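The model presented next includes cyclothiazide.
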Amino acid sequence: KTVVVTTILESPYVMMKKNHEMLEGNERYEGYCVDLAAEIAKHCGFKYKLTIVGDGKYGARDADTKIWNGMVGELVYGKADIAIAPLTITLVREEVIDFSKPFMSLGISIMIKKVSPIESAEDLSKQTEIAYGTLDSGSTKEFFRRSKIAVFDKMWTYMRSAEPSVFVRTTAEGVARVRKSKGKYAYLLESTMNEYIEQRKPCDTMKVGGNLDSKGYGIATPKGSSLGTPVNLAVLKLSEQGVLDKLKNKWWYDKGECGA
Amino acid sequence: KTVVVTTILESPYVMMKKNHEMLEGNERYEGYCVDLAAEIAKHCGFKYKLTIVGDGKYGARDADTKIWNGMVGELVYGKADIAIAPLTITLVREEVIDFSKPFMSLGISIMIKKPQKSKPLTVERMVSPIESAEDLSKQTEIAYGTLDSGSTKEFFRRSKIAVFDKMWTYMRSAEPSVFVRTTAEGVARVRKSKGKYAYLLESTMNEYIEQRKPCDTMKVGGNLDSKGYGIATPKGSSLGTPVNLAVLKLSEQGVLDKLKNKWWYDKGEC
Amino acid sequence: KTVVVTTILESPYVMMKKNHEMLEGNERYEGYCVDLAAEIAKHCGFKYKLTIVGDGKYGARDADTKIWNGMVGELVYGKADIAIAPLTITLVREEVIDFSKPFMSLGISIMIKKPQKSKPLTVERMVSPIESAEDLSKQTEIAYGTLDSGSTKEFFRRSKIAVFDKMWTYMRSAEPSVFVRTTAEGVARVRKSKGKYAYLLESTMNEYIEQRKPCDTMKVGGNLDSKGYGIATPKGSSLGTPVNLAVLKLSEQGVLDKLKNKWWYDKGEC
Amino acid sequence: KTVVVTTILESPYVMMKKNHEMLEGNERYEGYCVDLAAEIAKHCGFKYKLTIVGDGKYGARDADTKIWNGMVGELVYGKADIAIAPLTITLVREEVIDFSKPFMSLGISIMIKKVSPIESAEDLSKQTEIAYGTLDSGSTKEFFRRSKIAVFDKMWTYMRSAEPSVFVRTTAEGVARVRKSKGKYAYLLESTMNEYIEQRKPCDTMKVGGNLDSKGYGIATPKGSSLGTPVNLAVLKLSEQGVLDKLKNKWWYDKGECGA
Ligand SMILES: NS(=O)(=O)c1cc2c(cc1Cl)N[C@H]([C@H]1C[C@H]3C=C[C@@H]1C3)NS2(=O)=O
Ligand SMILES: NS(=O)(=O)c1cc2c(cc1Cl)N[C@H]([C@H]1C[C@H]3C=C[C@@H]1C3)NS2(=O)=O
Ligand SMILES: NS(=O)(=O)c1cc2c(cc1Cl)N[C@H]([C@H]1C[C@H]3C=C[C@@H]1C3)NS2(=O)=O
Ligand SMILES: NS(=O)(=O)c1cc2c(cc1Cl)N[C@H]([C@H]1C[C@H]3C=C[C@@H]1C3)NS2(=O)=O
Ligand SMILES: N[C@@H](CCC(=O)O)C(=O)O
Ligand SMILES: N[C@@H](CCC(=O)O)C(=O)O
Ligand SMILES: N[C@@H](CCC(=O)O)C(=O)O
Ligand SMILES: N[C@@H](CCC(=O)O)C(=O)O
């Protein structure tokens, strides 16, 4: 009985190698999440199959319908057994799926094309000359929707009432938008992906400010599943012997195809 | 019914008030941990009384007769219901108790007494004889110590990394023992050692001591490992889900961030 | 029963929202004044309807055919119940309506176009032809005027001081139509006058226009006097005491200061 | 029937004349408040007698007793008819006495001896080596006690718990304590008296930071008294014709025994 694993096409977590057209099975995928899934299977001792989520959405619940899309929907509705992917641990998602202990710390950061006048987030909210956006159906957008800090509510009020839409469909599309905006558009994304982008050639984007908050990535399992304890123990073990640190160093700093 | 909550006197997590001789109940203690417990009670209503573990240890797997001591030992054997205190999440601990989601990020850091400023146009510069863990392990002129019955000692004991293994090998044979009973003893040793002692401790406490007078000690390098603090609860308890949900609610509400800002950086004496 | 609340369209006190076409009720208007009305309704429970007076005037009294116009006229003759708007407290108005305690300080000032940077070691300095009110009265190469049917004209008309009386005499002697119907018209006259006109207005609006693009005007000198903005109710009304108490409570609670900061200094530029 | 006017001994509002031993009656008093009372009587048309408050307190309500002392006590208990004195208009005082329109704006300031490390109030609250105190039985003390702002709350916690008594009995005692503390003490007092002190020789004190809030001095009358409207319109008249400004300039800047 193989285990269906739901992932997303996001770098450096999952890459579609370079010759996927002439490869079969999981051998056509590479990345941090593929290595993490391999280690999880090695510790637990189960066969796994890598399946991409049908819709390129991390997961959210749409109001007035009460339905889930993406990996979270693929988990609550029994379409997959485990989600080794950069899924943010949030209060809403925990009520419907089980989150393991975080395996990668993260924070909300602001990145712009290459002293930067943006500086911190409050100045970005005050300065309306330069626009800022957020990935569609992500934890950042839901974080800003339910935020209560006055500055964060100002940012949310600006984003929900803007023309055209400041939101972006995919992270790569947001990177392209910020690169092609000549410093007129800003992107709010996770610290890990932003760092990976800023350490990659041509290196036309940089991180500004600090981290708005602190979150984490966890291995997701369906509610009431028997895999929660083994995957939690495996994540704890990997953190104890630093396999996660080695994987992050390999996939974030070993290549270093940038000037730094 | 009022449950038993256990804490340990570590500043700024749990500190005794100046006017505490006559006060009774939960009003005796003040700190970050008591505020976290108050917010936990506000989210899910329950009655709690602040207690301190008898031997004042975080909890370690004692060898030989296989006995758990300190906070974890109290939690396991039914004398405790929940521990709201800076207890790091550990695989060994996770196999023995249940841990909530990390409410505080942490890492192993290195402490050293701040050297005197170098005189050499006329600008003044600081020279750090210690920079990283590899250089600290390579040298022998400066001894280094850890906390007795602490998760840092467990991490060093079974670390496959060559530098960490060499460090632990030095620790086990070093005489007199560099291990200290309380973090206060370690900070005192660092202060009185004239710079000949490096006491490894969690990044949060190191930053707290740095921000506070007499601010004669400094934190060197980056975090060797990345870990977190979790609210402990005995296995097979119905209270784990409410505390996990309350921690998630507090983290998403920004209460934890403002509490950390007000307890670690608002009281900056240097 | 819903009472009538009359206001005046002055930024940032009362400005229509961009998407006001497809909205009805009080949701169309936004600014400092609507927030003050919301706090007033929160303190004392009542329903209010936001209305704009037909002639769009603050209030003045004719001498030959005595009649009160604008907001004060609306309040006196029973057409309105309360005016939560920047109405200056005046002795003449106090004899025809009831003013609560002031909720914002103010002062008569002078507006002038911002001069160009002076190139002539290499520094840039701001030099203005006007330094205070006395020089403006003494000089005759820059014309000045106030707002039509307002409190500033009333103050200048019956001022015994030599400088202000002389200014009023020139206001009757220059003989253009130096009095402007709206504050926006006077600001536009100052901006497009290339440096030939000075506008007298309240310090609050002066600062608001100063901190907003294209910011081609400066605040010169200091306030010629001190006045305030009060919530006005008709004489003999039972609502004067509740609104007075609500304003006092808001002032003690710091809500007024936070609204002033968020509507005057948190939206600035250049 | 002469009208009893309750005043307090506080400069420059009311000064006890140096020749008062040979001066009998209302002639023995001079100051801003004496001139204001003279103008009020000139407008309204009543005979006035200035009587100092028995106990040098502006006014407050005792906790667990519910009694009023000082000017407010002298007003609500029928001891005096009008209070022409620097009485701060506050929320709780208005419920028991009638306040007129303010005749002088004011704010909460900071007093220290002559780099200015303290600067603003938040930095004053951050630092502990230097202590700050206010005057008991006054608007500032009640405002600090009843303030709900976190920074003001921590200031109140500091002053309410300090040994010895950080509070002061009189404004002159406060400025003397500031002068003799060699910069180790801070006084939070009304901005008007702060300016008067800082412009008076030997000029060893100066104002730092900005005003924490905005209040006003008003003429006080007993609840239900008939003097409300006459004194209110008199204050409005005086403020409109600038006599109030002239008196302020005379009693604060005309002498100028300092260099500025
Ligand atoms: N350095 S990092 O961001 O790749 C990173 C971040 C984290 C790691 C491990 C690594 Cl390598 N483990 C912790 C978990 C492990 C065990 C101890 C704390 C939680 C449970 N979560 S974390 O603090 O989010
Ligand atoms: N800034 S901090 O170290 O006090 C801190 C650290 C952390 C916080 C919140 C704060 Cl304020 N919440 C996260 C939690 C939120 C959700 C994602 C990871 C856990 C579950 N853990 S954390 O990354 O260990
Ligand atoms: N800073 S400001 O001009 O917006 C401002 C000005 C004033 C405020 C409050 C604010 Cl926020 N309250 C006072 C009121 C409070 C009590 C004392 C005077 C009146 C009654 N009036 S004020 O001195 O005219
Ligand atoms: N220049 S000053 O501080 O002596 C001063 C301050 C003030 C004065 C008059 C003077 Cl001279 N009058 C106003 C009053 C007049 C009318 C408008 C606001 C109140 C009612 N209060 S005030 O803004 O507190
Ligand atoms: N990976 C995040 C989305 C990234 C973002 O917030 O922009 C999530 O699973 O919610
Ligand atoms: N926080 C650690 C103790 C500190 C240390 O070991 O350095 C624990 O809970 O075990
Ligand atoms: N605020 C003034 C009008 C503005 C002005 O005259 O400059 C009033 O209420 O009369
Ligand atoms: N004059 C003030 C007291 C001065 C102070 O606040 O220190 C009052 O009447 O309340």
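First the proteins, then the strands, lettered A, B, ... as listed; each starts at 1. Hydrogens, waters and symmetry mates are skipped; everything else that's a heavy atom, side chains included, is used. As the structure lists them, so they are numbered: ligands from 1, and atoms in each ligand from 1.
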Practice problem: Enumerate the ligands or chains that make up cyclothiazide. | Solution: ligands 1, 2, 3 and 4
Practice problem: Count heavy-atom pairs within 4.5 Å of cyclothiazide (ligand 3) for each chain, then name the one with the most as the PDB entry does. | Solution: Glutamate receptor 2
Practice problem: List the other chains with a heavy atom under 4.0 Å from cyclothiazide (ligand 3). | Solution: C, D
Self-check item: Binding-site residues of cyclothiazide (ligand 3), heavy-atom cut-off 4.0 Å
Solution: C:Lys101, C:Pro102, C:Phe103, C:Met104, C:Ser105, C:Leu248, C:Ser251, C:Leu256, C:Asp257, C:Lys260, D:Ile89, D:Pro102, D:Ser214, D:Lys215, D:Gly216
Exercise. Name the residue and atom at the far end of the covalent bond from cyclothiazide (ligand 3), if one is modeled.
Key: none
